[PDB]
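This file shows 3C protein complexed with rupintrivir (bound form).
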Amino acid sequence: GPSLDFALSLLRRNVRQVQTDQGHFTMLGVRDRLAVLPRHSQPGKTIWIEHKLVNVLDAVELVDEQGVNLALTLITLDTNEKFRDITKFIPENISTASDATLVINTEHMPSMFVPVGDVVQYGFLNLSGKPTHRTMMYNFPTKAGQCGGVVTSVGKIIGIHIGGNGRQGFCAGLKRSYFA
Ligand SMILES: CCOC(=O)CC[C@H](C[C@@H]1CCNC1=O)NC(=O)[C@@H](CC(=O)[C@@H](NC(=O)c1cc(C)on1)C(C)C)Cc1ccc(F)cc1
């Protein structure tokens, strides 16, 4: 109950359908006008968000003290909307999970929840040939169209879906300091 329920609350207040020139993605709204996307979505100066065109004030590929690719892009949106601040639900350190749910919301895959099970430490990932770090893995057959999906455990927001090989899926881990 509490876990699936947490995922459903997040969907409504913080998860949005977007489209870039690279296709359809799920977006996590983090706080106020700040959101996060998979880097592969390559957001431009304008993005579609639930059937409206929105100006992008800033977009930054995420960097930290390790100086590694993390497969995420932070964006600040030129919008009236202010996301409820969910940073307190993001752990300070990358966190695995026993019973995670992947929350997907795109125009093609609207408002869906997928129990992916265990989310385990994985680390380095060559993602279609691009070196990527700080990933976690689930033994679930994730699909094209699910990138940006939000990986949650009860009371915690732990990852963003970025890739998979047909049998397993991979997320970029989330840490609170990314959003400081
Ligand atoms: C084009 C449509 O794009 C999307 O739908 C975005 C979401 C999908 C979801 C995948 C889609 C499939 N099962 C999934 O879960 N992600 C990708 O396709 C990514 C590539 C893979 O997942 C690669 N997997 C690995 O490398 C990989 C490595 C190991 C280990 O496991 N997977 C491809 C071989 C599938 C897209 C990408 C390409 C170049 C990059 F710089 C970085 C990312």
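All residue numbers refer to positions in the sequence shown, counting from 1. Order of appearance sets the numbers: ligands from 1, and atoms from 1 within every ligand. Just so it is clear, the values below take in all heavy atoms, side chains as well, and ignore hydrogens, waters and symmetry mates.
Neither the backbone nor the side chain of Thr132 comes within contact range of rupintrivir (bound form); no heavy atom lies under 4.0 Å. The nearest protein atom to atom 35 (C) of rupintrivir (bound form), hydrogens excluded, is given as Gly164 O, 3.3 Å; this is a heavy-atom distance. Residue contacts with rupintrivir (bound form): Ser128 is placed with a nitrogen or oxygen under 3.5 Å of a nitrogen or oxygen of the ligand (distance criterion only).
When only interatomic distances are considered, the shortest N/O to N/O separation between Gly166 and rupintrivir (bound form) does not fall below 3.5 Å. Here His161 has side-chain heavy atoms under 4.0 Å from rupintrivir (bound form), and that is the only part of it that gets that close. In this comparison of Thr135, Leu127, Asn126, the heavy atom closest to atom 28 (C) of rupintrivir (bound form) sits on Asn126. Rupintrivir (bound form) has an N or O atom lying under 3.5 Å from an N or O atom of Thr142, backbone or side chain. The PDB entry lists the organism for chain A as Human enterovirus 71. Checked against a 3.5 angstrom limit, the closest N/O atoms of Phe25 and rupintrivir (bound form) fall outside it. Nearest to atom 11 (C) of rupintrivir (bound form) by heavy-atom distance, out of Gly149, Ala144, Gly169, is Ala144.
Contacts of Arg39 with rupintrivir (bound form), taken as heavy-atom pairs under 4.0 Å, involve the side chain alone. Considering backbone and side-chain atoms together, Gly145 places an N or O closer than 3.5 Å to an N or O of rupintrivir (bound form).
Polar contact with rupintrivir (bound form): present for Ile162 (N/O pair, distance under 3.5 Å).
Remark: distances from the non-hydrogen atoms of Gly23 to rupintrivir (bound form) are all 4.0 Å or more. For rupintrivir (bound form), the residues with heavy atoms nearer than 4.0 Å are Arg39, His40, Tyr122, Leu125, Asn126, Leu127, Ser128, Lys130, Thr142, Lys143, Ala144, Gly145, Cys147, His161, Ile162, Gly163, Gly164, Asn165, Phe170.
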